[PDB]
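Here's Vitamin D3 dihydroxylase with calcitriol bound to it.
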Amino acid sequence: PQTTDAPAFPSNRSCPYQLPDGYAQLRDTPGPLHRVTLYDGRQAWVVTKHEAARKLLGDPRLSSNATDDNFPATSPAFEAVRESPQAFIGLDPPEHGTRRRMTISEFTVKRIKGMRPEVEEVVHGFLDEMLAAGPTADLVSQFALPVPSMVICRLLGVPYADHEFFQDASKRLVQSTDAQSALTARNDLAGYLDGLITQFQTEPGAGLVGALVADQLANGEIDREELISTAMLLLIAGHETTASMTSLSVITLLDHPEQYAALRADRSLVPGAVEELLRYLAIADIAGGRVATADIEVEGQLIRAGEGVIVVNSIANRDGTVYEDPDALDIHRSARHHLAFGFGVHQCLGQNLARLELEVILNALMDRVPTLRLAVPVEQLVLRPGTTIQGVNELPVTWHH
Ligand code: HEM
Ligand SMILES: C=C1/C(=C\C=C2/CCC[C@]3(C)[C@@H]([C@H](C)CCCC(C)(C)O)CC[C@@H]23)C[C@@H](O)C[C@@H]1O
């Protein structure tokens, strides 16, 4: 027999908004942890329950150090992370905090509120272009990706002019299946960001990157390579996550036409619906890799120092002890406390920006294209595999022209 007690991980979605069969199995298995086998044949733990996920994401014994030999890399591409200085996503206290604090001013509640008119302007701008061209469009390339790309570019002070280049490099890096393809795309982005830094040293400019160059870099409080990594982190997260959420959300809402109509009829529901969609879709479900620096006992199971642990937030967000009937989309439910953005010191920096963008996007689509529908069968869409940010690279849509 082929039965194993350490199943291959990650697994692929076969339905854009449902756990892969293997994740459903792990969700159903009693206890906080379960053994898996990574791509290289090393075993690691996955965390498969909601409260245990919060506990372990809060445990300083679980390091985010992606350079550790025992870090649970889920594919060969991750070499692109371990081969350069880490952005703060890969740091632990105290270095984590000193780096994260250099960026937090761009993401304050007050700043997010202040970006509402810009995000609304950008959303409607790309809509009026898409709709003026008329039906059979790819929602990914024409809307889902350019909108948050333009927004994060202004926040960072990266020229939107260069979008074709950095969007292509972003995709190759994040979606690469092999180490050399990842290293190249990372190197391409690095050289670009490097030139931007030098440009800012000659002529000060707006945006976070400009601010970091003029201040912390000039004081030697951040390494040039760290600034590159930090900018690359924010550029890619700023783009890809919201893009993925937009496309997946349209697919999922259109498969739930009853709740979609309800959303349209009562816009006060959109913020809650956005939380439910974040819970349900969990697009960064394997962005929870850690390595134990010390033994950790977990409800009778022992994680040993030097063992890898992945906090699987998709599985955790389907914990029925927390979300009653967890596999049912319900935009009226309280999706509060979900783990789509992590928990603790590395909890998503961009979360409130994501929430603003998705609220504006949903309202705009319902306002401007109420007859939006997919132009192909859900079954014919190609879903990205489990080793990356979840989503689709193409989304054929049409509407009443
Ligand atoms: C749109 C949906 C998004 C999802 C589902 C999401 C998910 C996550 C998750 C699960 C983590 C934690 C990773 C860990 O614990 O190792 C994270 C961290 C992070 N995310 Fe988000 N993200 C989203 C949007 C954004 C946006 C729009 C940005 C803007 C740049 C952003 C920036 C970051 C950064 C900088 C971190 C690292 C925080 C730290 O390590 O201190 N994210 N995200
Ligand atoms: C942007 C950065 C870089 C790489 C990001 C990648 C490449 C590999 C796969 C990653 C890490 C994606 C995976 C979905 C996350 C898998 C996480 C894990 C290995 C724990 O299951 C998200 C972003 C992707 C390069 C780094 O130098 C700066 C910044 O860091």
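To match the PDB entry, the residue numbers of chain A are left as they are there, and the shown ones run 8-408. Worth knowing before you read on, the calculation uses all heavy atoms, side chains too, and leaves out hydrogens, waters and symmetry mates. Each ligand, and each atom within it, is numbered from 1 in the order the structure gives.
- One finds calcitriol in this model at ligand 2.
- Lab note: binding site of calcitriol (ligand 2), heavy atoms under 4.0 Å, is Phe78, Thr81, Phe85, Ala87, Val88, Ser91, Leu180, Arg193, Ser236, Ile243, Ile293, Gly296, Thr395, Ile396.
- By the deposit information, the source of chain A is Streptomyces griseolus.
- Applying the 4.0 Å criterion to heavy atoms of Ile396 picks out, from calcitriol (ligand 2), the atoms 14 (C).
- Annotation for calcitriol (ligand 2): atoms under 4.0 Å from non-hydrogen atoms of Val88 are 4 (C), 5 (C).
- Protein heavy atoms are found inside the 4.0 Å sphere centred on atom 17 (C) of calcitriol (ligand 2).
- UniProt lists residues of chain A as binding calciol; of these, a heavy atom under 4.0 Å from calcitriol (ligand 2) occurs in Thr81, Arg193, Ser236, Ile293.
- The distance criterion of under 3.5 Å between nitrogen or oxygen atoms is met by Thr81 with respect to calcitriol (ligand 2).
- In the vicinity of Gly296, heavy-atom distances shorter than 4.0 Å reach the calcitriol (ligand 2) atoms 20 (C).
- At a 3.5 angstrom cut-off on N or O pairs, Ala84 does not count as close to calcitriol (ligand 2).
- Contact atoms of calcitriol (ligand 2) toward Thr395: 14 (C) (distance under 4.0 Å to a heavy atom of the residue).
- Of all atoms in calcitriol (ligand 2), numbered sequentially from 1 with element shown, those under 4.0 Å from a heavy atom of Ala87 are 25 (C), 27 (O).
- For calcitriol (ligand 2) and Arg193, the ligand atoms under 4.0 Å from any heavy atom of the residue are 25 (C), 26 (C), 27 (O).
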Any protein N/O atoms within less than 3.5 Å of an N/O atom in calcitriol (ligand 2)? List the atom names and distances, or say none.
unit_1                : atom_1 : unit_2 : atom_2 : d
calcitriol (ligand 2) : 21 (O) : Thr81  : OG1    : 3.0
calcitriol (ligand 2) : 21 (O) : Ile293 : O      : 3.1
calcitriol (ligand 2) : 27 (O) : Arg193 : NE     : 2.9
calcitriol (ligand 2) : 27 (O) : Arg193 : NH2    : 3.1

